[PDB]
Amino acid sequence: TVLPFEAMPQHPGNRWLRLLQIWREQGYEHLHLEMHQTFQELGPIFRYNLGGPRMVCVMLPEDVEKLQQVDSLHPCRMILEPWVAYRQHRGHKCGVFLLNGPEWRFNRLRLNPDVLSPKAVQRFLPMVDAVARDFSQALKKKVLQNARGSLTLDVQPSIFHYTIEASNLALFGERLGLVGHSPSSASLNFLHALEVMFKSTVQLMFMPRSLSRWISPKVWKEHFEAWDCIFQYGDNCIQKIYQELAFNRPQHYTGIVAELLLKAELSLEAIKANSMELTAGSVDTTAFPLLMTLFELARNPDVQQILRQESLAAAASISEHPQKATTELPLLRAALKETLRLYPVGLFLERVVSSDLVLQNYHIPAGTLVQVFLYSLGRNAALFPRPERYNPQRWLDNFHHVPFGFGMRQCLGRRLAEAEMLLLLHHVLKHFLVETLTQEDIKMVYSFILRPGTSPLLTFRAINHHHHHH
Amino acid sequence: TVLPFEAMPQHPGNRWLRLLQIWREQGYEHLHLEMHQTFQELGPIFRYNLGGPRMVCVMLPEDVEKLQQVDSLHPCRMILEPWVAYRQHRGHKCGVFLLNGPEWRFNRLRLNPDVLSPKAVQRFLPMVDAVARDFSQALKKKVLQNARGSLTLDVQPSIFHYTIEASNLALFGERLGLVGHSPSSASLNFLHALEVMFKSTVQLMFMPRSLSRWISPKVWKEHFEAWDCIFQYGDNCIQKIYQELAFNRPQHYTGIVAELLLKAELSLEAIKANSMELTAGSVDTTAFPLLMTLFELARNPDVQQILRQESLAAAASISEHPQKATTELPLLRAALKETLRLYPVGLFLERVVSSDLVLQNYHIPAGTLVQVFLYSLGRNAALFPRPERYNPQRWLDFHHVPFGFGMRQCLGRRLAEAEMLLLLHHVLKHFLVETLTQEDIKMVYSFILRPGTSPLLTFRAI
Ligand code: HEM
Ligand code: HEM
Ligand SMILES: C[C@]12CC[C@H]3[C@@H](CCC4=CC(=O)CC[C@@]43C)[C@@H]1CC[C@@H]2C(=O)CO
Ligand SMILES: C[C@]12CC[C@H]3[C@@H](CCC4=CC(=O)CC[C@@]43C)[C@@H]1CC[C@@H]2C(=O)CO
């Protein structure tokens, strides 16, 4: 009664034809649209002619729920070779994202309490909030210098500097001075290295190393250089804290990586490695969903008014105890789910499943690469009535919200990312109206992360006309 | 009783690794060895994965005999895309090698009588004989100036110029003056261009234009430039003969191309296209086996004597009538067959078959590309006892298919054999040929199969 694997419809692509297109185009910007169309054509599940091993593409919660059941003690993902290649080339340990098996669980169990748990959030949220305030304040100052009490900009650079600053405070306990000031040359280089790293990832990611070694030798060279610059940026941060904590163990909280070095449950190389993942990880992944949310508010001003109404009503509580924003801004929290439904930074969830199972009435063998395309998932009209509509209310009225993945491998940085996102939006909403003429869809572009190919011109208009009061 | 097509064993590799390998290596020099060890391993027949299109590889006479029986009235080979693309880019017509169908046959039928018929041969062979006599006489003059009455050299340059000179006289009635003299800048440019054309052909024939068009745009530019140089050489030859004939029609034989022009059974554009195939196709194809024959004679001094004695015996009659060379040197003719068994200039015959057939008890559907690999065919120790032995005698008695078969068999075969034969004849009469370099020469595939090195040969005057 259950259909066999080969009964499953097939993506009509040769791994080779896409291999060669990636070599030619130096990327794969339209992946999300290719998969989306393929589900449009073949229905909610299909397989892909991969270089041997089975691979299946799904888009329904049902399938995620099932997929979580099959998570062993050690859930597993496809090795990301270019990234792992770098660590081995320079002698570095791999952090959680690149670890599988017991080394992974061991790390993860020693990182959850200080990065993801609610006790941790209670401690870093006020640090984030200070940065969120300083962003708004800086922007309001520029706004009130203008005769019309507004500023019209590409907000992207300043949002990226916001996430570098908020993350570095939460992770290392240091203010970099990047909010309300110009980018440092270190921050610009870091941003560029991340972008080159991500792009070159897409180029090396869809072929085996044996082939790419001689087909794309200078893409490897590019990718390692990018990593080298990312690693220098992170090692600078680690050296400063490590020397500081060698001489004085503070009595109070000074961030997430301090908790890890004080406890010293993980080894130094293991802390270094996980700290690089948190530093590299905390910039683009949070920045683009913020930009997208600003964009959707800008062109859904009625939804914007509702969210402001809420944020104005909680201003007093959140001024007094910043932690209360997590519970007192449910509609804004819901807006974020809405942004990640439409614009999922992580395009697909992925497991190399360790046991036979059944998705969609098809038999899925042990060792099958299963991928969950969140882009299509979020646009299923039967589960998301009017999926084109940006409607945060839809979450107030289970496995529908899974942009951070699921289970024990669920995003380690979820609560930091949410904190950063929510608090910046909260303070912006209290002080500014946000507007655009660009009322039409921003094309998303896939380059390991899913990101806008365009930044809209947004206008921030002071409601009040006072630098502090909202 | 008939195994269906997919029963048949399968080459391990895939066409994408292949083309990437070629993009990286800038060639495919081992194609012969690879296919050979594939035959050992998988048997006397296998299919290659073209991902839909059907391709079979074979190595047995048995299989060639039935490949011919399924020759139509219009036997088809695969579109050699790089070569046809040059013709299109410059506005030229295709000659017989690149034609299929009724147009192929219309050209071919008007080409055989003057290019390949025994009557054609008797007219051009004495010309070829004059050039081959100049070769040995030039060499004898140099050889005798040395105190040990011998010259040791790499002969490849001079032999290539011989074939240029011999083909040109036979084809156009012109002596270029390249035998017993220096290469000219035209001849060296010609040889260089031919070498780049062949190399670049290998770089393009193994992928669709739609991939090579951006995988290898520089290789396309290289290819067409080589062709330009080749067409310029050939066009100079054509413009000359064309002008001479417009002013005076000979009453005597002045070569192959003249007969085509005088008869005007084919169009001007058609004569030109075929004249370029002949001109471009009569240098490297003939020169390499000639070298390999020189080399194998040097290795096997016992077989060289037998051939010498034959040529000394027939010298007088051949000087009287050079046309008797065909009939009076049966051992030297056999020699050539033996050179071509071991060192086939063209590595595979090819037919895109037009009816269904069966080979090795497999069903082979219409539209399949059947390739016969002559390098392996010739080394079947089961069919040529002591396969590495250079033995002309085994040909005195469908094993001899290095010029292919059917209506499509090599159009230049008699001109090629005549050039090879006469040169060896005049050399054997006057010199012993020797080397210390006894080891097998590695062959290399760049569209023509050819020696990768050139052994140093000593010519000692008798
Ligand atoms: C909105 C922003 C973010 C999104 C949408 C996101 C999404 C994801 C997703 C889908 C996964 C895979 C989960 C799974 O396989 O179940 C993941 C893993 C991970 N994320 Fe995030 N993430 C974000 C922000 C961050 C930040 C800021 C950090 C660093 C502080 C971070 C660190 C990580 C790490 C270390 C993992 C690996 C988890 C493991 O293997 O144990 N993420 N994230
Ligand atoms: C010993 C030297 C040569 C060898 C081994 C050789 C071999 C071949 C082979 C194997 C073919 C394919 C035949 C088939 O598919 O049945 C061929 C075709 C052809 N050869 Fe040669 N060839 C040689 C010399 C020449 C020369 C000197 C010329 C021109 C002067 C020439 C002109 C051609 C032409 C025009 C074709 C195409 C015939 C057609 O498709 O109708 N060949 N040759
Ligand atoms: C989100 C993501 C997994 C988590 C990473 C993120 C890119 C930034 C990043 C860098 C790290 O060193 C740690 C993991 C991480 C935060 C990836 C981009 C796409 C990928 C996925 O979507 C897998 O589901
Ligand atoms: C011999 C050959 C077919 C005939 C051509 C030859 C290469 C040189 C050449 C150029 C021409 O303009 C006419 C045909 C020809 C003489 C080819 C090299 C390999 C190929 C084959 O192996 C046929 O199967």
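One letter per chain, A onward, in the order of the sequence lines. Heads up, chain A uses the PDB entry numbers, so what you see runs 34-430, 437-509. What you see of chain B is 34-430, 438-502, where the numbers are those given in the PDB entry. In each ligand, atom 1 is the first atom listed, and ligand 1 is the first ligand listed. The entry is not shown in full; contacts are counted within the portion that is. Computed from heavy atoms alone, side chains included, the values below leave out hydrogens, waters and symmetry copies.
The drug seen at ligand 3 is recorded under the name deoxycorticosterone. Lab note: most contacts to deoxycorticosterone (ligand 3) come from the chain UniProt lists as Cytochrome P450 11B2, mitochondrial. Going by heavy atoms, the other chains that come closer than 4.0 Å to deoxycorticosterone (ligand 3) are A.
By the definition of a contact as any protein heavy atom under 4.0 Å away, atom 2 (C) of deoxycorticosterone (ligand 3) is not in contact.
Protein heavy atom closest to atom 6 (C) of deoxycorticosterone (ligand 3), with residue, atom name and distance, is A:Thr318 CG2, 4.2 Å.
Atoms of deoxycorticosterone (ligand 3) lying under 4.0 Å from at least one heavy atom of A:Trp116, given by number and element, are 10 (C), 11 (C), 12 (O). When only interatomic distances are considered, the shortest N/O to N/O separation between A:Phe381 and deoxycorticosterone (ligand 3) falls below 3.5 Å.
Set against the non-hydrogen atoms of A:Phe487, the atoms of deoxycorticosterone (ligand 3) under 4.0 Å away are 17 (C), 18 (C), 19 (C). Counting atoms of deoxycorticosterone (ligand 3) from 1 in the listed order, those under 4.0 Å from a heavy atom of A:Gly314 are 8 (C), 9 (C), 10 (C), 16 (C). Those atoms of deoxycorticosterone (ligand 3) with a heavy atom of A:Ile488 less than 4.0 angstrom away are 18 (C).
Near A:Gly379, with a cut-off below 4.0 Å to any heavy atom, the atoms of deoxycorticosterone (ligand 3) are 22 (O).
For atom 8 (C) of deoxycorticosterone (ligand 3), the nearest protein heavy atom lies closer than 4.0 Å.
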